[PDB]
Amino acid sequence: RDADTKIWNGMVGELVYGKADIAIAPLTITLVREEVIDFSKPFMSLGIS
Amino acid sequence: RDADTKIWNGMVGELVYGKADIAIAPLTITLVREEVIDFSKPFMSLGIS
Amino acid sequence: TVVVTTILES
Ligand SMILES: NS(=O)(=O)c1cc2c(cc1Cl)N[C@H]([C@H]1C[C@H]3C=C[C@@H]1C3)NS2(=O)=O
């Protein structure tokens, strides 16, 4: 999110604003992304290393 | 699932059949369980060892 | 057809 204009960018913006249908991509499952688009059960696990 | 009877047992069986509201349990997210009950996002990661 | 968005990361 842009902090003031309150529009999404990126691939999450492409899904919210109807441009695309599915984001088969390394998109991290976060809280603030979950509220505006649904996420699958995660297909790959990772962490800080 | 029971074989030849098609009746769930156990903790999944209590949620499908309405006796329980929520399962805070070591309950493994699998395929056939997802078709009958919704899971949350995972809260621990593991494997068969 | 279905639009699959993704990004160019190896
Ligand atoms: N080998 S791996 O780390 O790429 C990997 C990682 C994961 C796998 C399977 C593999 Cl092979 N499945 C799990 C799945 C099982 C249930 C719990 C989370 C999803 C639904 N997600 S995961 O924990 O993100």
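Read the sequence lines top to bottom; their chains are A, B, and onward. The numbers used for chain A are those of the PDB entry, and the residues that appear cover 453-501, in sequence. Numbering, chain B: per the PDB entry, residues 453-501 in sequence. Using the numbering of the PDB entry, the residues shown for chain C are 394-403, in order. Readers should note that the entry appears only in part, and the reported contacts come from within that part. FYI, side chains are in, hydrogens and waters are out, and symmetry mates aren't considered; it's all heavy atoms of this structure. Ligands are counted one by one from 1 in listed order, and the atoms in each one are counted from 1 as well. Technique stated in the header: electron microscopy, 3.6 Å.
- By contact count, the main macromolecule holding ligand 1 here is known in UniProt as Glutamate receptor 2.
- The PDB lists the drug found at ligand 1 under the name cyclothiazide.
- At a heavy-atom cut-off of 4.0 Å, other chains contacting cyclothiazide: A, B.
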